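Input: a single structure, listed below in structure tokens.
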Amino acid sequence: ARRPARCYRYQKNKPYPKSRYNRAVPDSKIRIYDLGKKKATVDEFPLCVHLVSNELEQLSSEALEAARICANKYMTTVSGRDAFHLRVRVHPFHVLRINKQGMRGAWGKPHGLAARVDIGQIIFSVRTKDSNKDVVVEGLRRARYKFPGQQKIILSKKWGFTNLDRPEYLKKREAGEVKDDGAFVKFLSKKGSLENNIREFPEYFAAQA
Amino acid sequence: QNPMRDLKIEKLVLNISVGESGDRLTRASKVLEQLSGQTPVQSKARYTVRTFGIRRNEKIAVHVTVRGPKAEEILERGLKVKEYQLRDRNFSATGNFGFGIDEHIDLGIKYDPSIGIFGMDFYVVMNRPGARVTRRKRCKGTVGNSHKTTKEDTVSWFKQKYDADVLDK
Amino acid sequence: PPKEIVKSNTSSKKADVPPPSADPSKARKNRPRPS
Amino acid sequence: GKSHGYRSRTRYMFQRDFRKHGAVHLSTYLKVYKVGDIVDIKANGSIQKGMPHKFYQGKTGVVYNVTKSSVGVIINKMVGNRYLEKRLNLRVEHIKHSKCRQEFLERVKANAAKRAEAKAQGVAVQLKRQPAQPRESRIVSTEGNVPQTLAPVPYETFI
Amino acid sequence: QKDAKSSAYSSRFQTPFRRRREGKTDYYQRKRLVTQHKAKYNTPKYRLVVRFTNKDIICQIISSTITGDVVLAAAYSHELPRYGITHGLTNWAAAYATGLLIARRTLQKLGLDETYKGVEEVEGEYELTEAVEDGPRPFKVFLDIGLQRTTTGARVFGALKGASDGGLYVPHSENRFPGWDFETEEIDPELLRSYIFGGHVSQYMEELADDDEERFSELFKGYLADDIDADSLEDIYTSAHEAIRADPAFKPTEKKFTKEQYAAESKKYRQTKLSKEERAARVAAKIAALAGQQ
RNA sequence: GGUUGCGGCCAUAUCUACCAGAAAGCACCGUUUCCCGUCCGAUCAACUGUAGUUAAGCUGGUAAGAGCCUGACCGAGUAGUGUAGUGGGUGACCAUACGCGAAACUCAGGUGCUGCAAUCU
RNA sequence: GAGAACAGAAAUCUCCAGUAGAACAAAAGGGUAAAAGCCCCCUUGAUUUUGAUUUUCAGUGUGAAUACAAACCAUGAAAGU
RNA sequence: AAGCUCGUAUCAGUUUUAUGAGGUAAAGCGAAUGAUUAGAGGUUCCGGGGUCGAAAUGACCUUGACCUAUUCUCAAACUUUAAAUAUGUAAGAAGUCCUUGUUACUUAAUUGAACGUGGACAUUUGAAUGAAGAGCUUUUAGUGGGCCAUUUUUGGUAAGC
Ligand SMILES: C[NH+](C)c1cc(NC(=O)CNC(C)(C)C)c(O)c2c1C[C@H]1C[C@H]3[C@H]([NH+](C)C)C(O)=C(C(N)=O)C(=O)[C@@]3(O)C(O)=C1C2=O
Ligand SMILES: C[NH+](C)c1cc(NC(=O)CNC(C)(C)C)c(O)c2c1C[C@H]1C[C@H]3[C@H]([NH+](C)C)C(O)=C(C(N)=O)C(=O)[C@@]3(O)C(O)=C1C2=O
Ligand SMILES: [Mg+2]
Ligand SMILES: [Mg+2]
């Protein structure tokens, strides 16, 4: 068993997901997709660090789980459990097939799950404080050791996971049009109804500091 | 204000669900004939239930729709045997209300020893005058928001008329 | 004569299936039992 | 195992447009076709009677016969080493007019007009269309428009 | 009431046609009425459109065009009191008189009035207008009822019989006129003559005047105001019939307070829309009004 | 300019909440003799326009409204794609040359127009 | 969803919301809302005479289908079908 | 191969202009269907487990479920939108306009439909470029094992499959 990712590496077939036409498939090895203090706020974690792909390929579901464990173990052992939020941004939906006389009736049974990753697609995202740049970079270096292909650790200059680079997020927050939701934020738009905009964002519609 | 939108009784429905077919259902139909003065219509099952002992396309219930002065006198007799107290639930949120009586000998006809005992469900609906706009065929519509009688309007009307009282909630 | 009349159902389903609102798991236990 | 029915591979072809289901309209019922008109065939999925084959979808032909509820359209189709003429009996919901044909009629009316004046004033007609001639000599004013210098941007990653 | 419909629902929502949405036309029926045999290429299909409001009867001859339906002739029950009928403008006799009026008006307009005189001896018998040999064929219109029920004893079929007696070749059967007893499967000429000449109103008047003075008075105030007796309904309805046979030409009203005065003064209470700066001013005023965390 | 009847395009017209409607019209409305129809004059049929009402229907307005429509040099000449190279790279794939060229997003505007006939302070 | 004796999760009756999330004999796709769905009334166009056309195609056959013509009918107030 | 009728206004493995058609690449899921990660708020309506005076057709809760607004990722047999390349038709003389002839078709009709008579339409007869000719017919051979390359792509770990 356990054929190589070198024989399941490239994107050669059409996406073959679990549907009403493809049943009795095995479940993936990765079940948890967010690790660390997943209830924290974007005000708590400003710096974003991305592990991004540079090849068009297929990452195994179990490669995802193995890299997720080694990353989370290193970060928790070094900087504690509440110092980071790790989110895996690819989900294994492509069912990979195995053949197991001759090539007559060669259509195979489902074997595993894989996530198709494109060039410039984020695989891992970690948000953290400004001091933990070294430990986040080292943990994602272990993750890129365990994934196949060539990957890049980039310092994402967006406040947390969302959008809106750090000067822009500052100006929005001390303007007051940002409301703290669970693990994310809500924004004030100038297109909603006035009544619910008032009763959802009082700080913008007051003279508060 | 209140020019003509006061209230009125649209119809009263008498419903008996005997749960089986034959002599019992026919005798229930005779009870409805003698009470309303009007031919009853027998309602039919929808699906089989093993615990209920019912079969699909088997005649289960029987009901009569009455309107107007006969509706109000039947309502008066039903409220008289229900001693003019109704439990607030008993006034659904669209304003229409209803109750249920057992041993229908308490109102009207004597026993007629060949028919039997049949409890029945009174259900009454009310409308402000002008429900033809949502009932008629050409140029249909919906009643406005200063219409479509609510629970508070119905209980206010039912405490103004009939000298009745309500319960806790 | 006892004239007989049927209710014309305004329903299209002809399957002998109860609706999904008839789940026996959905049941109000601690319903008031008759004493 | 293999099927070639009348409506094989016609799923998205005979679907209706989005928010365009239901009854087809009385303009398409009251437009008139006379023998010799040139029409375009695009099947309407709601009317199953009189529907064409999938080959003739989006195809242009000359009407030759006009009857009670349908018209007959002559379509040239390519099979083998020759074109064959085909005589389809299609209903007026699947038949629509050809805006190339109406614009050709407006152009022949305009040409007849232009030759009528050019004969009245004795000037040459210049009737046929000319394609896009390249350009001509021009002067551009710098007054109020000084050329702003552009330079290639460096590489900054946005993610 | 928390039943507000979602944005996805409102996006996938296909609105019906305008007239279906306002519930005035049946497009299935409209299609089948106005679709023409394509081998005629230009001949309009003419509809005898009959409509009934609560106080008026509208009877029109309509043809169909891509730009919109156009009217060839019109006749109104509120124009009937010019002829002879000052009361009961929505009864069976008004329907028959309106059908007669619309038939005679369109034949006078089309110049087919010297021939196709119609009946002139109205007797309540069912006949079709036969084509005159060596001459123009009768004008063919099809009855457009619309949405009302095609029950036996309908004023739209009263107008149908009025048009058929007026001379318009309406294709019809006799199993919808009143007096058609399905047990005997024939027509009743006496009952249908009574219905044409308003006999049911007359028996109603004599029954009320015999039994209840207050109900007779309440329903028939204008009748007693004109002092019109219970047995003169046939006299006035006949005289209206020959007045229609005399002058089926449209006389418009006095038209006082002309069109520009109607536009200028009679309608100025329509409230005008605002523009962008006024809308922004109201928004800013509401911002100032709702300023603070109150 | 309204309103009615018939319509054309079929959301710029729909949906939700709230206001206004002088005239006429429309509507709600009253009655069961007849034709007729229902378990039921509620729908439908018939009679009166009288006893009343604009409460609804309808029409129009408002909403930093939902939706829908139009536009933009907003995104974006981006993704994608024809054609070419003894171009690159172990490959995956990418760049260039000559052409074509989106969708989402952002922002701005708008919220039915019109044909025939009749009627209206 | 809110209600009405027994009656409850679900038996029957109402009201409101409900762009089709149902049904259309069967596999899947398409289509359909005053209908093509569900009830009621009448019927036998599931008829006769041969032709033309489309699909597979050699532009042969078989099957299926389309539009007419000359009849005779059904239905409906009728247009029509 | 034999030709034949014309070499008289006929065509094109091509482009433009005008007008159609399509649902693939892309894109989308805070748009339908299906999949799917994570929190937030609410349901004085007990779905399940409790606690508070064994009580509660009572409160304090946990926890599901459901709903509302968000959020991460997708789909050959999902889709609002939607390319590029290929694809249909047209670019007059067998055409257009004006009066009036036939008809058992059609119309309410001296109205229409189809085919016509007569008259008008030259140094641009109505886009480009080409034509080493256009069209048609007869007869008959051999063939009816294929293979490779760029791009798209199916099955397979892959293959000089
Ligand atoms: C210019 N000439 C040489 C010519 C050429 C062609 N064909 C071409 O254009 C060439 N063919 C190519 C395009 C190369 C395939 C042509 O096709 C023609 C003609 C001549 C005309 C002459 C016509 C003429 N009248 C009507 C002006 C005439 O006198 C008669 C007659 N009444 O007998 C004709 O024969 C004429 O009508 C005619 O037939 C011509 C051509 O067809
Ligand atoms: C389009 N041009 C090339 C053309 C085409 C055709 N034929 C066609 O339209 C095509 N043939 C079809 C009908 C489609 C089978 C044509 O038939 C003609 C012509 C040209 C004309 C020119 C005529 C012209 N007129 C104004 C009198 C002229 O000056 C003379 C003359 N008297 O010298 C002509 O030669 C002319 O009469 C002529 O022969 C033409 C055609 O016949
Ligand atoms: Mg020649
Ligand atoms: Mg010539």
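Each chain gets a letter, A, B and so on, in the order its sequence line appears, and its residues count up from 1. Partial entry; contacts are within-part only. As the structure lists them, so they are numbered: ligands from 1, and atoms in each ligand from 1.
Contacts with ligand 2 are greatest for the chain named in the PDB entry as 23S rRNA. At ligand 2, the drug present is tigecycline. Contact chains for tigecycline (ligand 2) (heavy atom under 4.0 Å, other chains only): H. Other ligands and ions with an atom less than 4.0 Å from tigecycline (ligand 2), by number and name: ligand 1 (tigecycline), ligand 4 (magnesium ion). In this PDB entry, no covalent bond connects tigecycline (ligand 2) with a chain. The binding site of tigecycline (ligand 2) (heavy atoms under 4.0 Å) is made of H:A9, H:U10, H:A93, H:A94, H:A122, H:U125, H:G126.
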